[PDB]
2 protein chains.
Amino acid sequence: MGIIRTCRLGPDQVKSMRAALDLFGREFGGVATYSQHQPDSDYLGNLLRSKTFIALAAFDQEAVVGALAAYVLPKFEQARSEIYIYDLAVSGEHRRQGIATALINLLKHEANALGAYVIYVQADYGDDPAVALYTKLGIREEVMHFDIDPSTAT
Amino acid sequence: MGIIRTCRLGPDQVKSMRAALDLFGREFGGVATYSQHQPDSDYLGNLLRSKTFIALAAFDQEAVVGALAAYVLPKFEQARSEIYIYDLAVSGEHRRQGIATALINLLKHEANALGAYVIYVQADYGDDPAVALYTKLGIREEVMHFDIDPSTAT
Ligand SMILES: CC(C)(COP(=O)(O)OP(=O)(O)OC[C@H]1O[C@@H](n2cnc3c(N)ncnc32)[C@H](O)[C@@H]1OP(=O)(O)O)[C@@H](O)C(=O)NCCC(=O)NCCS
Ligand SMILES: CC(C)(COP(=O)(O)OP(=O)(O)OC[C@H]1O[C@@H](n2cnc3c(N)ncnc32)[C@H](O)[C@@H]1OP(=O)(O)O)[C@@H](O)C(=O)NCCC(=O)NCCS
Ligand SMILES: CN[C@@H]1[C@@H](O)[C@@H](O[C@@H]2[C@@H](O)[C@H](O[C@H]3OC(CN)=CC[C@H]3N)[C@@H](N)C[C@H]2N)OC[C@]1(C)O
Ligand SMILES: CN[C@@H]1[C@@H](O)[C@@H](O[C@@H]2[C@@H](O)[C@H](O[C@H]3OC(CN)=CC[C@H]3N)[C@@H](N)C[C@H]2N)OC[C@]1(C)O
């Protein structure tokens, strides 16, 4: 065991996508957010069918032990793409084994296939594993982010 | 004059989109990035046709004096959407007149129409106007961001 295989999920792999989401739940400690109100199978299908969403999964045999959810941003200034890693998680029982790194690597192959010139991801202050991983793999910038409630539309 | 009208651009408005991009160029001081290698009309059409890209523009009569480029992120954990402001600019000759605010407001109407529960935007340290605008309009978080070269795929 410990034969890890990485792939980009298609619309035929809703079962594996749901397992990625539970992984996300367990590992982000948001079991409710990620497992208890999942979309219907059509919704996931439509995600997985799309050219601008990428779901990557790592399998130790049958179980999903790593996943990565990204979005492709076709840019408007020029005919070029950027990729935005939204979420990335490896099973606690499978860390420091290169799975995250391999999913990013896989992601780079998808990017190359798409002609996307860059991939980016955001990390939180204190998320030290994530910060190390992306610092090893990327160029860091510190920035601000703001949420806005659309409720207040006038 | 100074009658400003805000709208979400459709695929019939490639001419106005190109003007948004020049605005972006002039105002971000990236005239090359934004004006000199624009996509072909089809590419823009396809952007403007899409349900997951939003281009908002403000017009003082015929000229574009404000624009906003966002992406809709249909989420995977749950059947819900988030909106990501990528770029936002108001003509230097038209600032502090509520145009940015009105484009965001417009954006909130689009979000509501989409069922999207939040909108977010990133700002740079020292971009004081932007920081004030989003601080007035949003809840700030400080975070890191990392670019990764897909070139190194192995
Ligand atoms: C971060 C996470 C994905 C790491 O996955 P991983 O497979 O263990 O990472 P890899 O083993 O492929 O590579 C780890 C590399 O990143 C860094 N790193 C990973 N875990 C680390 C840790 N615990 N402490 C310090 N650095 C760490 C190191 O550079 C390491 O390279 P090295 O072992 O040669 O020094 C996982 O532990 C996790 O908690 N996921 C959720 C975190 C997250 O970012 N969520 C929000 C979405 S981005
Ligand atoms: C930031 C920018 C969009 C402002 O547009 P604007 O129409 O002038 O903003 P509005 O007039 O609608 O509202 C401005 C509000 O934000 C803040 N603000 C705007 N300009 C400001 C400035 N120069 N200094 C301080 N605060 C400022 C204030 O809260 C103000 O509210 P108030 O006048 O009641 O105090 C524009 O000046 C610009 O430079 N665009 C590019 C910046 C950018 O963010 N680019 C990267 C993509 S996010
Ligand atoms: C509340 N505001 C939000 C803002 O936090 C941001 O969320 C980022 C998101 O991509 C990823 O979140 C995951 O990671 C972690 C640990 N870091 C916990 C929860 C996970 N989902 C991650 N790459 C970094 C996040 N900052 O954008 C969306 C938002 C709504 O604005
Ligand atoms: C180089 N790394 C990049 C990283 O900077 C980030 O760019 C953000 C982008 O949305 C918007 O940029 C605009 O604003 C400004 C002034 N702030 C200058 C150039 C404009 N295009 C803005 N909201 C904040 C940016 N930080 O993401 C993409 C990226 C490739 O990773």
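In this entry the chain letters A, B, ... are assigned according to the order of the sequence lines. Going by the PDB entry, the residues shown for chain A are 24-177, listed in order. Numbers in chain B track the PDB entry; the residues on display, in order, are 24-177. Side chains are part of it too, since the values below use all heavy atoms of this structure and drop only hydrogens, waters and symmetry mates. Whatever order the structure lists them in is the order used to number ligands and atoms, beginning at 1.
From the options seladelpar, mitapivat, entecavir triphosphate, fludarabine triphosphate, sisomicin, the one located at ligand 3 is sisomicin. This structure shows the largest set of contacts to sisomicin (ligand 3) coming from the chain the PDB entry labels Aminoglycoside acetyltransferase.
Other chains with one or more heavy atoms under 4.0 Å from any atom of sisomicin (ligand 3): A, B. Other-chain residues and nucleotides with a heavy atom under 4.0 Å from sisomicin (ligand 3) are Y57(A), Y107(A), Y109(A), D110(A), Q145(A), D147(A), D150(A), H168(A), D170(A), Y143(B), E164(B). Per-residue contacts place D110(A) under 4.0 angstrom from the following atoms of sisomicin (ligand 3) (heavy atoms of the residue considered): 11 (C), 12 (O), 13 (C), 20 (C), 21 (N). In terms of protein heavy atoms, atom 15 (C) of sisomicin (ligand 3) is closest to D147(A) OD2, 4.0 Å. Atom 19 (C) of sisomicin (ligand 3) is not flagged as protein-proximal [any protein heavy atom, distance under 4.0 Å]. Scanning all protein heavy atoms for the shortest distance to atom 29 (C) of sisomicin (ligand 3) gives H168(A) NE2, 3.7 Å.
At a 3.5 angstrom cut-off on N or O pairs, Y140(B) does not count as close to sisomicin (ligand 3). The N/O atoms of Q145(A), backbone and side chain alike, include one that comes under 3.5 Å of an N/O atom in sisomicin (ligand 3). The atoms of sisomicin (ligand 3) that sit less than 4.0 Å from any heavy atom of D150(A) are 16 (C), 17 (N). Those other ligands and ions that come closer than 4.0 Å to sisomicin (ligand 3) are ligand 1 (coenzyme A). Protein heavy atoms are found less than 4.0 angstrom from atom 8 (C) of sisomicin (ligand 3). For atom 28 (C) of sisomicin (ligand 3), the nearest protein heavy atom (residue, atom name, distance) is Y109(A) OH, 3.4 Å. Close contacts of sisomicin (ligand 3) with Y107(A), meaning ligand atoms under 4.0 Å from a residue heavy atom, involve 10 (O). Sisomicin (ligand 3) has no N or O atom lying under 3.5 Å from any N or O atom of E105(B), backbone or side chain. Of all protein heavy atoms, the one closest to atom 4 (C) of sisomicin (ligand 3) is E164(B) OE1, 3.3 Å. In this PDB entry, the source organism listed for chain A is Acinetobacter baumannii.
Close approach of sisomicin (ligand 3) to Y57(A) (heavy-atom distance below 4.0 Å) involves ligand atoms 20 (C), 21 (N). Taking atom 1 (C) of sisomicin (ligand 3) as the reference point, the nearest protein heavy-atom neighbour is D170(A) OD2, 3.2 Å.
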